[PDB]
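Letters go in sequence order (proteins before strands), and every chain restarts at 1. According to its header, the structure was obtained by X-ray crystallography, 1.7 Å. Note that ligands are numbered from 1 as they come in the structure, with each ligand's atoms numbered from 1 the same way.
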6 protein chains.
Amino acid sequence: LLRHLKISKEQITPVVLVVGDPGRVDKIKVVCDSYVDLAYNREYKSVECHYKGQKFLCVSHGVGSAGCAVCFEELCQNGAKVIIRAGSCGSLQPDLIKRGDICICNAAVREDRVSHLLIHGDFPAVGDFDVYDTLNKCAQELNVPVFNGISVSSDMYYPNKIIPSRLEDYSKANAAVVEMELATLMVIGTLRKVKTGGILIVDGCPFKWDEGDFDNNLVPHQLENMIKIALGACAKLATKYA
Amino acid sequence: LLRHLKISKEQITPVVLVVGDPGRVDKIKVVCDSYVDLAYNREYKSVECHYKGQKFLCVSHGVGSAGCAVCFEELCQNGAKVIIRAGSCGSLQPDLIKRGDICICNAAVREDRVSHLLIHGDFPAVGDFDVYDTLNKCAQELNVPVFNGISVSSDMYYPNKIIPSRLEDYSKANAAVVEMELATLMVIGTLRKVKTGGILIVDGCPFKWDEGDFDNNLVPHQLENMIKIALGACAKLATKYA
Amino acid sequence: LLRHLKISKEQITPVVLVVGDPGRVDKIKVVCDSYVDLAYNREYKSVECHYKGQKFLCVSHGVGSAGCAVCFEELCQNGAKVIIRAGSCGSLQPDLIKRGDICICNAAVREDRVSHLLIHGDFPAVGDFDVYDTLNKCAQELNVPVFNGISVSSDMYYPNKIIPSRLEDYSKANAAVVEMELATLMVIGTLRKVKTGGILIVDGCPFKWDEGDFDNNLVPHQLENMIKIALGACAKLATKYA
Amino acid sequence: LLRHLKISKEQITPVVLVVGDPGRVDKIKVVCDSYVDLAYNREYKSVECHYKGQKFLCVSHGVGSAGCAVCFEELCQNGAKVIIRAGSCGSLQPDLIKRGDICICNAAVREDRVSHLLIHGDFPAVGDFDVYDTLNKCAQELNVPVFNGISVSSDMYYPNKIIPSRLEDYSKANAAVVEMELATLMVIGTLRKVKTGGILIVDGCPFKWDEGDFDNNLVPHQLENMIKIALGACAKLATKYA
Amino acid sequence: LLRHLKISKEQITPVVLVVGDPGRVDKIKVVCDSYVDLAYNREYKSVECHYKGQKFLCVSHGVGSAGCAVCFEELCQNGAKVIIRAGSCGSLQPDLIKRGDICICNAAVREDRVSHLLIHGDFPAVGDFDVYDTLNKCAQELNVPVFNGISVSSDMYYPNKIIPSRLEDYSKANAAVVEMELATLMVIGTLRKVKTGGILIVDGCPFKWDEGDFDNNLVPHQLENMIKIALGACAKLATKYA
Amino acid sequence: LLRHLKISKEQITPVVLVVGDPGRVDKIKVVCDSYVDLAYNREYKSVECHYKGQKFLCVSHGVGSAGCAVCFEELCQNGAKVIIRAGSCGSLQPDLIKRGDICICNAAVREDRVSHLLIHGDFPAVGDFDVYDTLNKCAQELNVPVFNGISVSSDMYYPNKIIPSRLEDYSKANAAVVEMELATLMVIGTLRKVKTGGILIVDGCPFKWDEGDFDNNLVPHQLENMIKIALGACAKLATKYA
Ligand SMILES: C=C[C@H]1CN2CC[C@H]1C[C@H]2[C@H](O)c1ccnc2ccc(OC)cc12
Ligand SMILES: C=C[C@H]1CN2CC[C@H]1C[C@H]2[C@H](O)c1ccnc2ccc(OC)cc12
Ligand SMILES: C=C[C@H]1CN2CC[C@H]1C[C@H]2[C@H](O)c1ccnc2ccc(OC)cc12
Ligand SMILES: C=C[C@H]1CN2CC[C@H]1C[C@H]2[C@H](O)c1ccnc2ccc(OC)cc12
Ligand SMILES: C=C[C@H]1CN2CC[C@H]1C[C@H]2[C@H](O)c1ccnc2ccc(OC)cc12
Ligand SMILES: C=C[C@H]1CN2CC[C@H]1C[C@H]2[C@H](O)c1ccnc2ccc(OC)cc12
């Protein structure tokens, strides 16, 4: 079995959907055509999903870059060819990107440490074009409007008052949203020859937390739509390996 | 309630025992005199422990620095005065520190990113003396031999072959062991005026993974002893606030 | 007029093709349907191209990031909406990417300085999806095989023997090719809300310069094909603004 | 003889008290039971102290990290097992830590360069627990109140107005005091398997130098008390090797 | 021939005058006693100048550090012993250094990337004394007042509003002027055992661009004087090798 | 009085000769025409020298950058206009620069920390031309051969085996010699509008310490010659202010 995911090597499928919360895996599996529970160790919950005639895993990665890298590395080392992250994020453009909007991301800010322990900082955190295109084409089929943009993947959720957060700089640089894992996924994927992407639902705006605008309200219909897009994309991408 | 731990603010006790695996919380609570299950959200499982006449929380932090910082910040922001981490680690001194040995750590290598987003790199990751002394005195009472030393807290579990891992440098520098969260705990604690410490059980040696010497075997009697020391210390420290 | 390009502000078109060598501008204009010479100052030669019913500039940027940034900034500040770089590059994968092969790049290594004087290093150098897709679809129409991949954009052409070149690290990281300007273009474009891309012809392999495998032979038919793809893409993208 | 200290190798004792000013060595020796003058070269004055039945050296290190490292390295290379620094420092918490207060430090900010030329910045500057405990227990025996905390060891005494001093950041981070050598001592000690500590007398507050609150007044009774604590600790620690 | 300069190796003279603009080479050659056009490739224009009985090349380097390094390396690799840059620059001391003033520079700020890819940042960008002395003595002979000082060689011409430009810091540090290539020249020269210098004409002040005080007016008589000084110096230095 | 030098402000002369060892001040004063002892505090010994009709101070700075900066700042803040350092150094070119050779330095490697706490790393550590010229012209008058070159000013005297020393890199970069203070002097001088220089006697070669080639033998006649050159230069420079 995989060292920490505890799934057997034979159970790794070419396409894998990753999400942060183990609870979310259980909410996703029930919208599929069927599923098989595989393993649950620590924050890493794994389920084989069957959807639109195809088979792909759904696996939880936990909160944050160092914990997710364990997950991503084990998947890449054991046969995953495509990894899509579906997650939540905060808006960095509060005039234009609002609660419940959906972002399909192509690139990310490497505000982690593990990516830098693997490759020099100059190297880009970028997703695969094809995966990105597939996500966007599924959103278009379902008539679900989306945003595209760069995510800031930051290891600091709660800022302090000594070293300024770089969020406002990145907003000024036209980064769309903020989350905690996509850059890490993208860099590990490039290093390991695994295609990656990301789709995110907006939940709040960090620049408006002092007015209670937190990440505490996933708009249920929007969340459903994102999950449909994510599952759709997985199934289409899975067709090529099947 | 706490934003992500989902425990009420009134339920935060002055002493908190933190561990990585939510499963471990359930294995610890049953050795206490009694417990009350509080919350379980994502990888964060919280239980109020009653032991030796005192009351303290036990909370899981997940794998890795960015995820644990969410936990630690919420505890520090909402009344925790003392936080002890009990965890596993890898030996960096394989001639002297073997499987199942126990290390009580006073300081850590800041091979994360969140600590650096809070305070300049020059700042030390150090535990509180008193907590460290309390842990050591509990180990002495129970006649459990221990090691003391510095932990390397690294965000990279799986190294690649491009950028060398710094583990061998840190071994040469006399770091004892390697894990993934203690530096983060220590720096947040200093910033927030919360006393911190760490006790760790050795599980393998990264320098001998090519010969199967992994972190996959917690020596059961040694693990029990460490948990007894950790609970003992918590109860003693809790007496001062009670 | 533009401060250093010396073209009038009214002459900036929404799509601009950029190339390094002022000589190349003169070789490109003659394959268009017609052209108007605009300005030539320093290494910056500007010509208005007419191709497939559309109008776009072709402008030389010179060798290297700091010099090209002057060009790119003036174009972005004065109305350019899309900038495609067509250039030469060296292979970083000599088993697979050979002389005369064509690469359509989506992202780049920021081994410059100007990008870092504009935005933190963690920020990705990424092209626009749409531009990348347009280039690839033009190559497919013309039946011209291409490679896709990340470019290392390095400010050092001639390495010395004291500080190792990072080319081999980036090859190991799966970077495809090496050139000198694309990262700079990409970052300025993101900062300025200008869509960017890159198409490159392989000319040699730096890892085989000790055996004379230099950047001194642009395969003439391959160069023609790349230029056709680049012009094709420009014309298609120009249609949206016209 | 030692290369720069000029003391013979046979004269190095297991415990060594270090101080900045060669003049201070002469003021310390006369409070001991007896002494033997050993060497005086450059700013490095060495005297063998006899106190409470034990024998330990007292050696001056000069002002600043690079000069003190020469001293510390020679002592560590030639048999020193324990090194305590006794020095002066500035308050970083002027509401709570006043002129003449005494701080027993456990850790330090590495705002030097030599420590970084020996080991990566992430590594902590931490003292030995036992030494720290011994100092604190001697202060308690003598009924001398003390502070405990982190020292900022900075190579810049006189700030200029271009690059902000980091003192206010470190004050906000709960650093207690500022001096110039302790981090250097601590890191060399960890690297060389030598136990280290630090005791410091407060002399001024850098944040109030514009109002004349300089380091120009060592409160004589407080200085005596600190020196008594330092000598006491040395003698107790020396007992273990004797 | 030289790889990118396209001049033959036999045509490299011991002294070389370098300038940014290929147009400037043509304006310089006509003030010499005679000249021979050698090559023009990309932005690199080369002419053999005959002046005061001596022979030296004049070669254009283009805008910016990465492009100029190609030029400088090829000259240093193929026999150049002395390289003087004559260029334009911006004032960083607008009270004292005005439009058209002439600066003979001895050292430079390394705000590039190629110098850092060749040697650690701590290493100084410094010119040769002798070259500097020769320039100053030629200015004195011709009765042309000059300034001496440090140049900031920055790869960013157009600053943005996210990361502050360091120009004001360097002004406060007593840097005289700003340009884009001298540091690069100086470091390559030291690495290659080639003597270097720099003479610059002031054209504007970046701190007053918001009031139109741009680099768009080379005072014609002052420019003539600088070029006379530069040619004078070249001829004197050339005498030693002839 | 000066805060730490303890000399009165009225006693600061426009030219100051600085040396590391307080003992050396006493050996220099006796070769002057006469002297007046001024102050001796810590490692800082100050004497007013009278030589060739002029008056200048000689002041000891101690070992290392952070300690010397206190000295240099106080001199620059209180009227010093010219500061020459005379010191010892190690050869980085053992084939060409031998024991007892004399180097007159124009620039330095900033391998300290205080310079970086005052100004960005890109800024050069360079001496004043005039001072350098004066030193060289005094050596020529006295028929004393000298070397000129860049000094590596490093805060680490005793390297360890974890992080490689940069000495060999700097040797390859054509640095001549190694010492511990000149860069610091040069940067403080530029910041404070004080002219600086450096003259150094070679004592050993760090690359040959494993064969006993230490800094433990100042060739007495060569040392005399250097001191004569240094005093000569001071007197000439002092004439301009007198
Ligand atoms: C327990 C942690 C959770 C908190 N937020 C939702 C999912 C988990 C990670 C995080 C997310 O990255 C995110 C969403 C929305 N707004 C955010 C704002 C800031 C941010 O900083 C890293 C992360 C945000
Ligand atoms: C799913 C992750 C787990 C893997 N190891 C056990 C607990 C979790 C974190 C990690 C631990 O830090 C650790 C223990 C033992 N040897 C290790 C060796 C290397 C190491 O690198 C960060 C971490 C080690
Ligand atoms: C005068 C400079 C030219 C030299 N090469 C061709 C175009 C200009 C820039 C460079 C190009 O980036 C490139 C092409 C092919 N192989 C290369 C290998 C190394 C490289 O390093 C920056 C650049 C390469
Ligand atoms: C000649 C130098 C002396 C000056 N101060 C007293 C002892 C020597 C070092 C320094 C000390 O670290 C110190 C004490 C008190 N207040 C300080 C404030 C600032 C500081 O910055 C490094 C050092 C301070
Ligand atoms: C096309 C580029 C040109 C623009 N300026 C004149 C010559 C070329 C380079 C630059 C010069 O370095 C310079 C001169 C005057 N003022 C300047 C102000 C700022 C500056 O920033 C690098 C460069 C300046
Ligand atoms: C107590 C310290 C002394 C030791 N050496 C002589 C004077 C003082 C400083 C040092 C000098 O910088 C120096 C001279 C000769 N060879 C050296 C080799 C290495 C070096 O590293 C900083 C310094 C050297």
Asker: Give the name, from quinine, valacyclovir, midazolam, of the drug modelled at ligand 2.
Answerer: quinine
Asker: Which bound partner of quinine (ligand 2) is the main one by contact count, according to the PDB entry?
Answerer: Purine nucleoside phosphorylase
Asker: Enumerate the other chains with heavy atoms less than 4.0 Å from quinine (ligand 2).
Answerer: A, B
Asker: Given B/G87, B/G90, B/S154, B/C205, which one has a non-hydrogen atom that is nearest to atom 17 (C) of quinine (ligand 2)?
Answerer: B/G90
Asker: Please determine whether any non-hydrogen atom of B/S88 lies less than 4.0 Å from an atom of quinine (ligand 2).
Answerer: yes
Asker: Give me the residue, atom name and distance of the protein heavy atom closest to atom 20 (C) of quinine (ligand 2).
Answerer: B/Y157 CD1, 3.6 Å
Asker: Should B/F214 be listed as contacting quinine (ligand 2), given a heavy-atom distance under 4.0 Å as the test?
Answerer: no
Asker: Which residues in chain B does UniProt mark as phosphate-binding that also have a heavy atom less than 4.0 Å from quinine (ligand 2)?
Answerer: B/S88
Asker: Among all protein non-hydrogen atoms, which one is nearest to atom 19 (C) of quinine (ligand 2), and what is the separation to 0.1 Å?
Answerer: B/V178 CG1, 3.7 Å
Asker: In quinine (ligand 2), which numbered atoms sit nearer than 4.0 Å to a non-hydrogen atom of B/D203?
Answerer: 15 (C), 16 (N)
Asker: Considering A/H4, A/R42, A/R3, which one's heavy-atom position lies nearest to atom 8 (C) of quinine (ligand 2)?
Answerer: A/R42
Asker: Around atom 9 (C) of quinine (ligand 2), find the nearest protein heavy atom and jot down its residue, atom name and distance.
Answerer: B/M180 SD, 3.6 Å
Asker: Looking at the deposited structure, to which atom of which residue is there a covalent bond from quinine (ligand 2)?
Answerer: none
Asker: Considering only heavy atoms of B/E179, which atoms of quinine (ligand 2) have at least one such atom less than 4.0 Å away?
Answerer: 12 (O), 22 (C)
Asker: State whether the shortest distance between N or O atoms of B/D215 and N or O atoms of quinine (ligand 2) falls below 3.5 angstrom.
Answerer: yes
Asker: Which UniProt active-site residue of chain B is in closest heavy-atom proximity to quinine (ligand 2), and what distance, to 1 Å, separates them?
Answerer: B/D203, 4 Å
Asker: Does B/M156 reach quinine (ligand 2), in the sense of a heavy atom lying below 4.0 Å from it?
Answerer: yes
Asker: Of all the atoms in quinine (ligand 2), which lie at a distance below 4.0 Å from a heavy atom belonging to B/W209?
Answerer: 18 (C), 19 (C)
Asker: Relative to atom 15 (C) of quinine (ligand 2), which among B/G20, B/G204, B/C89, B/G62 owns the nearest non-hydrogen atom?
Answerer: B/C89
Asker: Give the source organism of chain B as stated in the entry.
Answerer: Plasmodium falciparum
Asker: Tell me which UniProt purine D-ribonucleoside-binding residues in chain B have a heavy atom less than 4.0 Å from quinine (ligand 2).
Answerer: B/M180
Asker: What would you say the binding site of quinine (ligand 2) is, if we count heavy atoms under 4.0 Å?
Answerer: A/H4, A/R42, B/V63, B/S88, B/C89, B/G90, B/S154, B/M156, B/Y157, B/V178, B/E179, B/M180, B/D203, B/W209, B/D215
Asker: Pairs under 3.5 Å, N/O atoms on quinine (ligand 2) and on the protein: can you put them in a table with the distances?
Answerer:
{"residue": "quinine (ligand 2)", "atom": "5 (N)", "partner": "B/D215", "partner atom": "OD2", "Å": "2.7"}
{"residue": "quinine (ligand 2)", "atom": "16 (N)", "partner": "B/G90", "partner atom": "N", "Å": "3.4"}

